[PDB]
Q: 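Sending over a structure as structure tokens; questions will come in a sec.
Here is how names work: the chains are called A, B, and so on, in the same order as the sequence lines, proteins then strands, and each is numbered from 1. Numbering of ligands and ligand atoms starts at 1, following listing order. Just so you know, these numbers use all the heavy atoms, side chains as well, and skip hydrogens, waters and symmetry mates.
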Amino acid sequence: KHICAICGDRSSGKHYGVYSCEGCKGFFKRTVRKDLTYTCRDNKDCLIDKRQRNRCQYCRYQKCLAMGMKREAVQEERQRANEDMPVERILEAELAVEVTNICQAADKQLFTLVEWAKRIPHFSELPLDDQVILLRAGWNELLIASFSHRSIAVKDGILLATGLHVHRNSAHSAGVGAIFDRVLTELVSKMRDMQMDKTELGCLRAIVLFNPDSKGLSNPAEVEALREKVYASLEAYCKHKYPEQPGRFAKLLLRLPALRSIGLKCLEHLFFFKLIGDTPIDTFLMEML
Amino acid sequence: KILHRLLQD
Amino acid sequence: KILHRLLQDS
Amino acid sequence: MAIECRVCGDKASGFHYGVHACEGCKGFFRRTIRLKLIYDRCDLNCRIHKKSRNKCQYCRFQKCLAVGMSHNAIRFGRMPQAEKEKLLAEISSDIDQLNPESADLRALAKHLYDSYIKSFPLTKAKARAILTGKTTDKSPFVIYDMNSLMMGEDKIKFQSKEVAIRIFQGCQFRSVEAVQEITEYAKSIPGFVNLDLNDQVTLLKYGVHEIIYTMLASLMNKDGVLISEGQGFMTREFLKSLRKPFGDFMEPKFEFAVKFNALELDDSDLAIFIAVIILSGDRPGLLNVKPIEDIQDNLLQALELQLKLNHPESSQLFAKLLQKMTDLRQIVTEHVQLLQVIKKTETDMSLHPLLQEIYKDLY
DNA sequence: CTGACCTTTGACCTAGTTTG
DNA sequence: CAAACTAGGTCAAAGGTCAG
Ligand SMILES: CC1=C(/C=C/C(C)=C\C=C\C(C)=C\C(=O)O)C(C)(C)CCC1
Ligand SMILES: O=C(Nc1ccccc1)c1cc([N+](=O)[O-])ccc1Cl
Ligand SMILES: [Zn+2]
Ligand SMILES: [Zn+2]
Ligand SMILES: [Zn+2]
Ligand SMILES: [Zn+2]
């Protein structure tokens, strides 16, 4: 009938919003379903003819997009108690393991974080590579989320996991007061004004731990699951020990954004502090950075 | 190396 | 303080 | 007056074979009988909604048969006493759902929705019609390189600076408009105007950004992004191609968008979620916090119930969608560390004076 | 993996049914 | 009968196969 606006072959219909030959139609369809990511070995400048279109997939698919081939057009292949994450192991785990002055406590608490992580259900049960990745991706966020809870009863300053009350002032001058303020008000306060028990903080740290996005996770589907498990678990928990407050589960999960905003800022700092060499940073902190 | 050590055992 | 604007204008 | 189907839940096209069925099932059935088709067996009780429908021919030709659907009860003619069921689905079962306190949560959900529709033009609804091609519109002019850009950059025009600089400098007016819409939507959230006008501004300074990427995802997909009202479609690959620091500018948003779209949230759902972002008592520079947080408390209350009703089967979605609030924060802080780079290595930045205000002292 | 080849869907349109 | 509906046919367009 028409000519496939992709290679020149005979169209014989409109497919995915474009006059296309059967071949191209099927190329596109599969690319979309099997979620494939092609790569051009040449200059992304490959011609696509009735012949030599099968030459390079990347250029061919992009030729589809250009010629307006719609992806959402491809339909979807026609086929086919509540304590898997016990709140106890968590709590029990969040228990048994407890500027230049902060990097000492940081590093120290790093060795002990591998311990905490080991105790969190199913963690050590999934591949060692992911155990690395998961801890690489979120050590700073984890660590901050814990000392921040510790500095809960403490006033306008934090208590390093070694015993060093770092009162605000000390920091605003130490150069890093910009962030030290946010850590107090967006984490400490919020947690204190909410009386976040340490079973909850453990579940939050777990949620941070089981991060399915963390680049490289052999099987991320696995991770996105243990996380949903902690979701289910903690939700119920707040339901049992906190009936008066329905919107608690929500307000707890909403303590996480800031944890990451802040977390990112910190890492930003430890860098223009690292390959500078003006202050001491131990070993474990070097592998993490 | 390190993290992989505390995990390797 | 140019948002005060849009916020303060029916 | 606008019921739905009894086999898959799509909109019903009429009373076919003694039961409200979509123009899709109606045909499936009339064709199973018509050709005697004997679909292979299958035990797994298969849920049957709009998309899974064509997943199992046996469970579909089952469920329908299991709720009427007879080549007998085909009642022709004009609807004689609509009244009986012209009180929609929940009629007397409504004075049970249209109550108690939730009756109002339902109201709020509607308000924010009906308001969301008047605030922003291109809704998720539309953008999807376009990206699915199921619209009586012309396919948006795809922009995958310099030739296509140079071309469509004229087709629908309103300063030769640079491709990489035109691409992003030139969208600044949408960001602005966007910011203007959000703002008018903010006022529609019960109790926003009342909050100390000083925190009112703060709540936005930090809100718009996250709300922008949430919207900016409806227009996106794995391969590209809608633009220019939705009459254009720039490719993910082309953008990824811009110079030095401009290629990995829109990347973080595509990754985020591909994930955020997995939740499959519609305008009704997105209209509330959004409201929750603007009302986050955890924004720096707030002192009249409690108020701000009270509304979020109730908005969240509304949101949760909306996800249960709208998306009956979707494990931990409420908790899953909240988790997204955390990815949003990262995107913004990340996006800022970038616009900082530009500030130091570029010489044309020249941000609009409003994007100027918002970005000042952000993160 | 491709793609010639072959089955399904379901959005519309139409000719016949039933209510007022 | 005009008005209000529907079973049924229709065919572009989307799905599936399986030698090559
Ligand atoms: C938070 C913070 C920073 C970074 C440190 C990190 C990433 C972890 C610290 C962990 C501790 C102190 C754990 C403990 O012992 O409980 C910097 C230096 C930029 C300045 C002050 C704020
Ligand atoms: O350039 C964009 N956004 C932006 C640029 C600088 C600072 C903040 C946002 C952009 C925005 C939109 N939008 O808002 O709908 C669409 C497309 C682009 Cl490329
Ligand atoms: Zn072709
Ligand atoms: Zn190529
Ligand atoms: Zn149906
Ligand atoms: Zn089945």
Q: What would the PDB call the drug seen at ligand 1?
A: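 The PDB calls it 9-cis-retinoic acid.
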Q: If you rank chains by contacts with 9-cis-retinoic acid (ligand 1), which one has the most, by name in the PDB entry?
A: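 The main partner is Retinoic acid receptor RXR-alpha.
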Q: Note the other chains with a heavy atom under 4.0 Å from 9-cis-retinoic acid (ligand 1), by letter.
A: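 By heavy-atom distance, the answer is A.
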Q: State which organism the PDB entry lists for chain A.
A: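 By the entry, the source is Homo sapiens.
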Q: Does 9-cis-retinoic acid (ligand 1) reach any of the residues UniProt lists as binding all-trans-retinoate in chain A within 4.0 Å (heavy atoms), and which are they?
A: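 Counting heavy atoms against the UniProt list, it comes to A/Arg150, A/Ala161.
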Q: Write out the 9-cis-retinoate-binding residues UniProt gives for chain A that lie under 4.0 Å from 9-cis-retinoic acid (ligand 1) by heavy-atom distance.
A: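 UniProt annotation plus heavy-atom distance gives A/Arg150, A/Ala161.
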Q: Write down the UniProt domain of chain A that holds the majority of residues in contact with 9-cis-retinoic acid (ligand 1).
A: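 Most sit in the UniProt domain NR LBD.
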Q: Which residues and nucleotides contact 9-cis-retinoic acid (ligand 1) at a heavy-atom distance below 4.0 Å?
A: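 Heavy atoms within 4.0 Å: A/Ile102, A/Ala105, A/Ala106, A/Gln109, A/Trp139, A/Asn140, A/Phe147, A/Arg150, A/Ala161, A/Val176, A/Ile179, A/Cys266, A/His269.
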